[PDB]
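This chain uses plain numbering: 1 for the first residue, then up along the sequence. Remember, it's 1-based here, ligands and their atoms both numbered in the order they're listed.
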Amino acid sequence: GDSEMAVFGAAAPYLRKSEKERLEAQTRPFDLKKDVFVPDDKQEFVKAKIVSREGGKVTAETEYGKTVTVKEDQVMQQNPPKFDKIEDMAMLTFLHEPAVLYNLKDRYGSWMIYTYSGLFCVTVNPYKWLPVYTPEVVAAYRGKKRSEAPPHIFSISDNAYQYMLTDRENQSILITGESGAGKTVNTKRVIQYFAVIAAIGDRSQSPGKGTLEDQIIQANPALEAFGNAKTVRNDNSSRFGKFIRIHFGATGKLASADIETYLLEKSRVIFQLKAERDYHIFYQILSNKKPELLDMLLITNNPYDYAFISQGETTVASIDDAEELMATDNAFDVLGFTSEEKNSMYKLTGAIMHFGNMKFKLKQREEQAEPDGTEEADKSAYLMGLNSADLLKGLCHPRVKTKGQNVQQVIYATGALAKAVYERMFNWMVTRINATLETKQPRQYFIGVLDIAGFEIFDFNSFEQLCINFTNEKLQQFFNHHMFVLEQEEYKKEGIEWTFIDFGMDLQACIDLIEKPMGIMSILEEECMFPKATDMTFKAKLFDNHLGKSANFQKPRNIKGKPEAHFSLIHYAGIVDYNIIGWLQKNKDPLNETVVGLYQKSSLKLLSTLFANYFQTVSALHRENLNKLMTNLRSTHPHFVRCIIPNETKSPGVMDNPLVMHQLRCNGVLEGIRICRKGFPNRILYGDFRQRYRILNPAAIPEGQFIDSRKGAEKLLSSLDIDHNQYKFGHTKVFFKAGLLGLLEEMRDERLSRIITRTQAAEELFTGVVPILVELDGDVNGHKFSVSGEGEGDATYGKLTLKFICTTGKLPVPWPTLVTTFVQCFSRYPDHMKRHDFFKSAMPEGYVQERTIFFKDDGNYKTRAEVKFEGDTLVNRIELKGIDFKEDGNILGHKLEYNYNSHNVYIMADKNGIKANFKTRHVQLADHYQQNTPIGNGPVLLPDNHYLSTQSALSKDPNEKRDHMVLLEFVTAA
Ligand SMILES: COC(=O)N1CCN(Cc2cccc(NC(=O)Nc3ccc(C)nc3)c2F)CC1
């Protein structure tokens, strides 16, 4: 309702449309039989309208106008309009891939970027400023359960906070997405929200300016200068994963915080694709906004003077590198870094710029490298606190147990050293930030925010992707297991006896293949400890150990125009081809240990600290960090946020179906649907079930007040031709397999469809004024008489007007005893009761109206009429037989008044017809026992218990010689 949305002010249209909008959208034309989804080559899925069918093929017209034919089993139902832009997609009737996709797309196209799907909060990058993050919207989300407000990431944050205070247990919020999907912005939103609402925070010996909240928030511009970069998909992309824990003490007050980082993209430091930059800090320093830095670093202000940082782009329209240097330098001040610490970091950064400018050439006629120039090597060693001759001597002639390098190797070696200094500098800075955020105030609970690259499949997938995907496999298993426990709780609460093996188990084989002994990483680790091992011997040890034995391990699918791969892995998100060139190298990450010896002895304390503790391979460390991350996550109640990148052109409002589909298959959303689908995903309250699927068998669910809805559903379902094992009865709901409710929904559309046909046929049979002929042949107490009637009928107004003439003299019985006997098909059924118009539905074949009228005093009429169309005219042909009538009685002795009273005709059903019962007052009592039955061996509408309200007006035509009756009757159903 609209008033509930008032509290959101200007944000409201971006969170939920008004009931006026929503009313319209849910009245749009829809045919469950024609409006479908079909697969599509270029778009994955598209809507389509079915045009024709034959031989188990379907022909349809795509929403793009393309004619297509497809196998019947490839056609999927659309959800009806009541479900348009639904806020939680777990409520959809049809919950297949295109239904999810098109709900997202519909919501996003109306500027609603947030959507729930079960546990998931789904966020679509808007590419546009939205007014939904104001203080007013913060206030309106405080303390609300998820269901009490529109979808929003504030809901996730506020609830995670309240769960911690209320349950006194750790919480985590897991945020994934592809690069550019908006993980980093969402992560900041969530942490800013904690800083706004968290209770402080009793005061007590720690570096930093401001409050802990200021410091937590300032860790961002600090880390982003060294860990973020202009990529093709995002001007400000994090190239590292991040887990931040915000700690609270025993009474719920903000206590401290710590950050862990993962998987910094080292390669970016010395290499860029054409449309990308290196990390921000290089261009920030180069902005000359703090000129003493250019002097301290022995550099110009031209990035193109530096090979490591100028292979792609060097300026970004959206980024003022000058302003950002101040933000970076300010952040290091707030976090309590000394000027020595700060400057030492700037120096190492300048040193790395120079490193990549050092040139080398070949000796006169040898294959040995020697320095070409020496200037840039000099500037570099100086900043690093090292001897320049020692540096260049280390590079060219390393010591083992000792020498030998060509130009290729030297160029390779300096590049690896640049990357290693930079990575270890990054870790150092994070540990220093952690030292500021450490307040030594007691901690009892935390809220962990994890922000890491999601599962991604590239054209070329190498060792780094394997690490990403392994992590995400472990994170998806974690979700599955959590989803399993909640499902069990739900089936238990409802008393449904169901179970299955833990959903997290489905991912165990993939995980074991990667992580157990003799698994892929174990082999890689074993192999790079062998000096003579090669990429080819590695390939072999994997195949020899797993091809044929581990089903998730497979031959590469070497597809189309995609680069060479060596094996393929079956992950939850799909099958991935891995290229294993260079993995022995990447895993052991060899460094020139002569030059590392110099770093260790540097006079610059920082550089010396960075290599102090210098065996461990990349994969062993990753395993260690992941295990530490998962132990933390498993101690929490988790919440999951999915970021979606809608398109590749930063365009607001528009979605590429395939891009979004890939993401949905990879990020857990479709996974979540699949595993709940193992059980009984569709759940319906007994009340809603009756008020929706009654029409399938109206007999088994009576009408009225106090109705036993569980019995109604148990009787109705038991009476259909369906797999009775595909539903179970809980305390308050019916649980359905997805296929079965989808069938009930098709059957309902079919039954509803037949009805609309039959009622339409039966109204265009009574459109216009309709001619009536009435014929009676009476026989009361042995005295025959005959009445004839002629008049006009008009069902639209529920009016009829007839003249009746006794064509055999004076009438043996009073005229008001023949009204009930003298065409209820002219009743006006309201525009909403029409399916209950039995009389019209029996036409033109007509119906038999048999009656038995017992009069109080006298005897009784036995009536049998046939009411059928007969040309363009409606004929009511009655035969009557009054018997055992008192000759002195108020009937036969013409005692009754010349008037009629209003009655209700109480209609029930039978089978193929109806039956009524009513008592007429004249004042003489008379009870009617009416039965109607069709005459055509064809379908008629049996109605729910209802009554006809009838009014009858007896008059005389003053000009009529013969004994007669003029009648006016007004009849309407209710
Ligand atoms: C991202 O995907 C996932 O994580 N999942 C989303 C969908 N899943 C399937 C599922 C499981 C449990 C209950 C429901 N449905 C619901 O509660 N009521 C309901 C109401 C009316 C009708 C026709 N069907 C059901 C349900 F869809 C739940 C997790």
Handout entry: Drug candidate at ligand 1 among lanifibranor, omecamtiv mecarbil, axitinib
Key = omecamtiv mecarbil
Handout entry: Partner of omecamtiv mecarbil (ligand 1) with greatest heavy-atom contacts, name from UniProt
Key = Myosin-7
Practice task
Give a yes/no on omecamtiv mecarbil (ligand 1): does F479 have at least one heavy atom closer than 4.0 angstrom to it?
Solution key: yes
Exercise for the section: May I ask whether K733 places a heavy atom under 4.0 Å from omecamtiv mecarbil (ligand 1)? Expected result: no
Problem - Distance filter under 4.0 Å to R683 heavy atoms, resulting omecamtiv mecarbil (ligand 1) atoms - result: 11 (C), 12 (C), 13 (C), 18 (N), 19 (C), 20 (C), 21 (C), 24 (N), 25 (C)
Exercise for the section: Could you tell me which atoms of omecamtiv mecarbil (ligand 1), counted from 1 in the order shown, lie closer than 4.0 angstrom to a heavy atom of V669? Expected result: 1 (C), 2 (O)
Practice task
Specify the UniProt domain of chain A contributing the most residues to the contact with omecamtiv mecarbil (ligand 1).
Solution key: Myosin motor
Exercise for the section: May I ask you to list the atoms of omecamtiv mecarbil (ligand 1) that are less than 4.0 angstrom from any heavy atom of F120? Expected result: 1 (C), 4 (O)
Practice task
Under 4.0 Å from a heavy atom of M91: give me the atoms of omecamtiv mecarbil (ligand 1) that qualify, with their elements.
Solution key: 20 (C)
Handout entry: Element-labelled atoms of omecamtiv mecarbil (ligand 1) that are located less than 4.0 Å from some non-hydrogen atom of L741
Key = 23 (C)
Exercise for the section: Indicate the residue and atom of the covalent attachment for omecamtiv mecarbil (ligand 1), or state that none is modeled. Expected result: none
Problem - Nearest-neighbour protein heavy atom for atom 6 (C) of omecamtiv mecarbil (ligand 1), which is reported as residue plus atom name and distance - result: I673 CD1, 3.6 Å
Problem - Within-cut-off N or O pair, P681 and omecamtiv mecarbil (ligand 1), under 3.5 Å - result: yes
Handout entry: Contacting atoms of omecamtiv mecarbil (ligand 1), where contact means under 4.0 angstrom from a heavy atom of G672
Key = 2 (O), 3 (C), 4 (O), 5 (N)
Exercise for the section: Give a yes/no verdict on whether any heavy atom in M483 is under 4.0 Å from an atom of omecamtiv mecarbil (ligand 1). Expected result: yes
Practice task
Please identify which atoms of omecamtiv mecarbil (ligand 1) are closer than 4.0 Å to at least one heavy atom of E487.
Solution key: 11 (C), 12 (C)
Handout entry: Heavy-atom contacts of omecamtiv mecarbil (ligand 1) within 4.0 Å
Key = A90, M91, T93, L95, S117, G118, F120, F479, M483, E487, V669, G672, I673, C676, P681, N682, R683, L741
